[PDB]
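The next PDB entry has CB3717 among its components.
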Amino acid sequence: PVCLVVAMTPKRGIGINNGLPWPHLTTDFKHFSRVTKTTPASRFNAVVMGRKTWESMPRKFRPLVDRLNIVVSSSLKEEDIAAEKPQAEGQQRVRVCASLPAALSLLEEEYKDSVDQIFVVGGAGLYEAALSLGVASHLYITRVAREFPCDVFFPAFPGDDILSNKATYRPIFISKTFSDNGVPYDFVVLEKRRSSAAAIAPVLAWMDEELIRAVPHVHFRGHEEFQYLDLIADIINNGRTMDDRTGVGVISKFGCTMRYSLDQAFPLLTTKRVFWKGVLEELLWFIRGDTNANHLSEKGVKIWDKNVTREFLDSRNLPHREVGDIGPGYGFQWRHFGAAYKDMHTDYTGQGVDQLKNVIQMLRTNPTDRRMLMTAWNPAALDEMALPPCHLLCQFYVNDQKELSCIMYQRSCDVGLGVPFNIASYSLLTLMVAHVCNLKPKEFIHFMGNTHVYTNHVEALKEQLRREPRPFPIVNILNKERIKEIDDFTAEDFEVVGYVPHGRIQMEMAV
Amino acid sequence: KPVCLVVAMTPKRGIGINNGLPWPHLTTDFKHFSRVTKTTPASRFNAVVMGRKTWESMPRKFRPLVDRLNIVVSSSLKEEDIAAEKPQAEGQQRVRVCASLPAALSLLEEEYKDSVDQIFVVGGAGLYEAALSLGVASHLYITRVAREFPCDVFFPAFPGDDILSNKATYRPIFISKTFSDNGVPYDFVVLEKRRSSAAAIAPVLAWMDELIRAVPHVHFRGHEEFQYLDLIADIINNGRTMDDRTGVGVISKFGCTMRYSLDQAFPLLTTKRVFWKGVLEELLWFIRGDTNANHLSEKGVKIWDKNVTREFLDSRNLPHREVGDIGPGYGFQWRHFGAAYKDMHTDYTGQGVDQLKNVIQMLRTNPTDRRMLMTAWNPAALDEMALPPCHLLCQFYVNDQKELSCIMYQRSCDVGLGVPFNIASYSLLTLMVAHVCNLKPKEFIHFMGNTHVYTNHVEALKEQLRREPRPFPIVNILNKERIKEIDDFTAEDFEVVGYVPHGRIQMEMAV
Ligand SMILES: NC(=O)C1=CN([C@@H]2O[C@H](COP(=O)(O)OP(=O)(O)OC[C@H]3O[C@@H](n4cnc5c(N)ncnc54)[C@H](OP(=O)(O)O)[C@@H]3O)[C@@H](O)[C@H]2O)C=CC1
Ligand SMILES: NC(=O)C1=CN([C@@H]2O[C@H](COP(=O)(O)OP(=O)(O)OC[C@H]3O[C@@H](n4cnc5c(N)ncnc54)[C@H](OP(=O)(O)O)[C@@H]3O)[C@@H](O)[C@H]2O)C=CC1
Ligand SMILES: C#CCN(Cc1ccc2[nH]c(N)nc(=O)c2c1)c1ccc(C(=O)N[C@@H](CCC(=O)O)C(=O)O)cc1
Ligand SMILES: C#CCN(Cc1ccc2[nH]c(N)nc(=O)c2c1)c1ccc(C(=O)N[C@@H](CCC(=O)O)C(=O)O)cc1
Ligand SMILES: O=c1ccn([C@H]2C[C@H](O)[C@@H](COP(=O)(O)O)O2)c(=O)[nH]1
Ligand SMILES: O=c1ccn([C@H]2C[C@H](O)[C@@H](COP(=O)(O)O)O2)c(=O)[nH]1
Ligand SMILES: CCc1nc(N)nc(N)c1-c1ccc(Cl)cc1
Ligand SMILES: CCc1nc(N)nc(N)c1-c1ccc(Cl)cc1
């Protein structure tokens, strides 16, 4: 019973020029060391590596301390390694075998009392052999989210859908996303499948007195996307069927919550492709205080079009509004709160309260202040808007370490469509604010009021819950030196790195 | 050998009056009793031991207790007196009579070994007194009836009866959430006499894996107050030390959530005495749109006085404000959002947005609407206020069963002083609205931004965490027929029932 341990690109790449394809990944190395070393006294673990993998290792690190090193080789000899460096006291000598079956034979013959676990450590020669013999019970795979130039690859395997889009290996463990040197990655483990409380017990039994799961097989759910996935499952299982303004049936819950880290990776949901071009353009649109939807529409972002049509503006009793005008919508209240609205063509400079500017100035001068808020909800202007703001409020917070966190409150949440878009939107805002204020992005916290999935999304979401999430990508602000104020950001100042989502799922917008 | 006591008790230890139960029927308690006394893992049954009067107080259709060996402690009653009282049913045990409790336990050893599993002392005072004297009681199943009733028979005094009211040991290991039947709140406690299937995943868990706890011995933490208590412990252990507007030190966290049920009982925190007169008078003050703090101060509610002094108004750069004038604060924005403020003496009827009326009218006509929000945050009027609103937004929600839920977002939360007050303040509003909209109150959900404990509260809070909570009280709206609109409520239309909190703890307000 052997296990495989690997770091791997989305296209199964593992090595180039007898070396690692990516810059150093410190956390992955700490992970490798820990898994391969840890034992419950009398026993040590066995690491089996190929010749080239042995050679790729720096001479300082080889042999891997506290582990029985085994090199599969025809050309190298046991003395070549013995003469490479003097053997340190209290360590087992490196054994060389012709093949992997021979390497396992040696473990049975000589070492059956000494070793607890066996690890195949690389490279492509040993992984392929181990997969051929079917001796692999588990696969410890570090999923490098970025693609790098490679000449050596891990062989394709039934269940390699965890890496990219296309006896079996099913994920049983998925971690949160880490990143080092601008390279996002996470850790998965795949399994070969094919009277202390006795007094309390009867009281609990009477009390309890009375279906849909996300990726049920995955037992450790470290990935932060599971929040969203369990949140879907939760509303489908425990929500209530309600009527709606849209006329479409809704299954709803009230007062749900999610929070996402921004220090390592970006919470751009991987279980379905997120229209990032849309989130970026809408946020930049918001920041300008622009209320003209045709500016978004001309850029290929048609997210507001169905709610600024002649027919919708008239159902909203605003026949004087031009097609496209969202009225005093989100952006207008951010930059000109309480200002008298005319149309989308009017210059509103200096008018109203510039909430965004006040939030930033307070962050840069007095970050312990507890009044760092930005609201889009204006009861006086609600009837003039094409649609009342969903995401209506956000608060900022700075800790000891100059780390910035953002809460956002949403009155109404379309889980299937709007939420993944809203997560990414305010998470992006946090990065942008964090940079302009000289702060580290830490956390985005999502507070939700009426949390609902539309009936016509249910089947499509059930499909989405069979999908095990991929590592979160990294969003980089480019041209950091040029950007000094929040208005300095443009569409091209952003780069989404290592985003490998599952395919797009069609979900109609409830008009 | 060891026995378990099962009781339903008044705060003053009362268990009975006129050879009967002091309170109206509590179905859930009667269920609890039935299940704990009956449940067994085949061949065995449990034994219930009672006094002569406890047997007599019991209805005839219920005695003997089915599927349980009944033992009566008596000197006058004989075994044939009971047998002639009712024909023994097939399968059931014959009721035994013993001259004492030690004689009862001796019979359980002599004739009923291999027959009985668990022994339960079931009353009354005579038997409870003896079982505590002998020291054979390993566990006490106590149903804490929060309401005081006329009683002539009492449960004996015991070390650790501090769980009932204010003043070898019996410490709580289980505290449930508050239930209520027939307007009588109660909960359940259990005391204790003290004086490679998944293992191939654990190594990766090991390296990813990592001081103050409230009532740590209590293992089952059903009581919803534990939310508040664990939130205190969480801030102290994991929070970050920041500076603050007031100058007083602060330990803080960001993005905290609590929720409290409103259907059974009221979340008026029991682990310290909450100034309820203050929560009621301030809320009615809000409802009136009153900005004059002297109207609260005349009634003995001085919660606002330290922020309306000549000194604080001037430090806010408001020299023209009369002493008491909070400016356009919560009350004002609720009933007159956007209205141009003059002073506290001006009549603003018909001016600005009446958010409260809009919320109620929407609830009564279109409850599936997702825009039922009320906000106090008005960035245009913030500088004119004496203090920017802490609790700045609340949203309402109605479901299938005409049940009302309410979320309140609070930008800044003084956990020691303000939080308990705010929980009661909006939970009371939810009651008030629910009645006026013909809806059942369901849940209050607390969303918290900058959640902090002041450094001069830390010692007093550590003391508070040693206290286990008491059952929640019921808040009754009196004169229901008279009250039809939200403005109809008065200070006299409310009744707190069964409130038994711990002693007040002095906590200075950071000015
Ligand atoms: N990211 C990751 O997880 C890891 C990546 N790597 C990378 O992979 C590369 C090294 O792997 P790779 O190039 O495949 O070389 P290997 O480590 O597979 O070793 C190849 C040599 O070992 C012997 N050998 C290997 N497999 C067998 C077999 N089944 N039977 C008999 N002999 C065998 C052969 O010797 P002979 O020719 O004499 O028969 C062969 O020349 C490096 O670039 C390294 O950086 C390495 C480890 C982990
Ligand atoms: N809420 C609750 O948890 C419960 C409440 N109750 C209430 O309490 C009342 C009954 O309690 P209480 O008034 O104390 O009466 P008890 O049930 O304790 O019975 C008293 C009688 O039982 C016999 N007895 C009891 N203890 C002993 C002893 N140690 N040695 C010898 N004989 C004993 C004696 O009967 P004799 O004179 O025949 O020898 C005595 O007169 C009722 O009103 C009932 O409603 C009862 C049970 C549970
Ligand atoms: C939230 C938000 C911003 N908005 C604004 C907006 C306006 C009204 C709404 N109305 C309703 N009922 N649901 C919404 O999600 C919604 C969203 C969006 C609007 C549409 C799409 C959309 O058509 N779907 C995208 C998929 C993006 C994704 O997967 O998240 C598409 O492919 O076109 C996205 C965002
Ligand atoms: C929140 C709120 C309303 N308010 C208004 C108010 C105004 C400014 C504040 N400022 C700060 N820093 N903390 C607060 O809690 C606070 C509260 C209150 C103010 C004081 C007390 C108070 O002195 N404590 C009560 C005990 C009440 C309790 O048990 O919680 C007392 O007995 O005096 C209560 C409520
Ligand atoms: O950023 C947004 C904007 C809109 N919506 C969805 C949620 C609501 O279902 C709908 C707005 O309709 P009302 O909540 O106004 O009924 O749009 C979002 O989820 N996110
Ligand atoms: O209803 C209230 C009023 C005040 N505070 C507390 C929280 C803050 O610690 C303090 C106000 O300080 P700033 O947030 O304004 O700095 O008062 C509350 O918790 N609830
Ligand atoms: C530390 C990188 C690493 N990460 C993972 N997840 N698996 C591995 N097998 C390795 C590895 C690294 C160097 C060598 Cl020489 C062999 C294997
Ligand atoms: C069901 C009320 C009840 N609740 C609790 N928690 N304990 C009890 N011992 C009883 C009880 C009730 C009736 C009799 Cl006759 C004896 C005991």
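Note: chain IDs run A, B, ... matching the order in which the sequence lines appear. Following the PDB entry, chain A residues are numbered 4-43, 71-196, 225-252, 285-300, 310-610, in order. By the numbers in the PDB entry, the shown part of chain B spans 3-43, 71-196, 225-252, 285-299, 310-610. For ligands, and for the atoms within them, numbers begin at 1 and follow the listed sequence.
- Taking every instance into account, the structure holds CB3717 at ligands 3 and 4.
- Of the chains in this structure, the chief binding partner of CB3717 (ligand 4) is, as UniProt puts it, Bifunctional dihydrofolate reductase-thymidylate synthase.
- With a cut-off of 4.0 Å on heavy atoms, the other chains touching CB3717 (ligand 4) are B.
- Counting heavy atoms within 4.0 Å, the binding site of CB3717 (ligand 4) comprises B/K371, B/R372, B/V373, B/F374, B/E381, B/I402, B/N406, B/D513, B/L516, B/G517, B/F520, B/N521, B/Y553, B/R603, B/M608, B/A609.
- Result for chain B: of the UniProt substrate-binding residues, CB3717 (ligand 4) comes within 4.0 Å (heavy atoms) of none.
- Within a heavy-atom distance under 4.0 Å, CB3717 (ligand 4) reaches no UniProt NADP(+)-binding residue of chain B.
- In chain B, the UniProt-annotated active-site residue lying closest to CB3717 (ligand 4), with its least heavy-atom distance, is B/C489, 6 Å.
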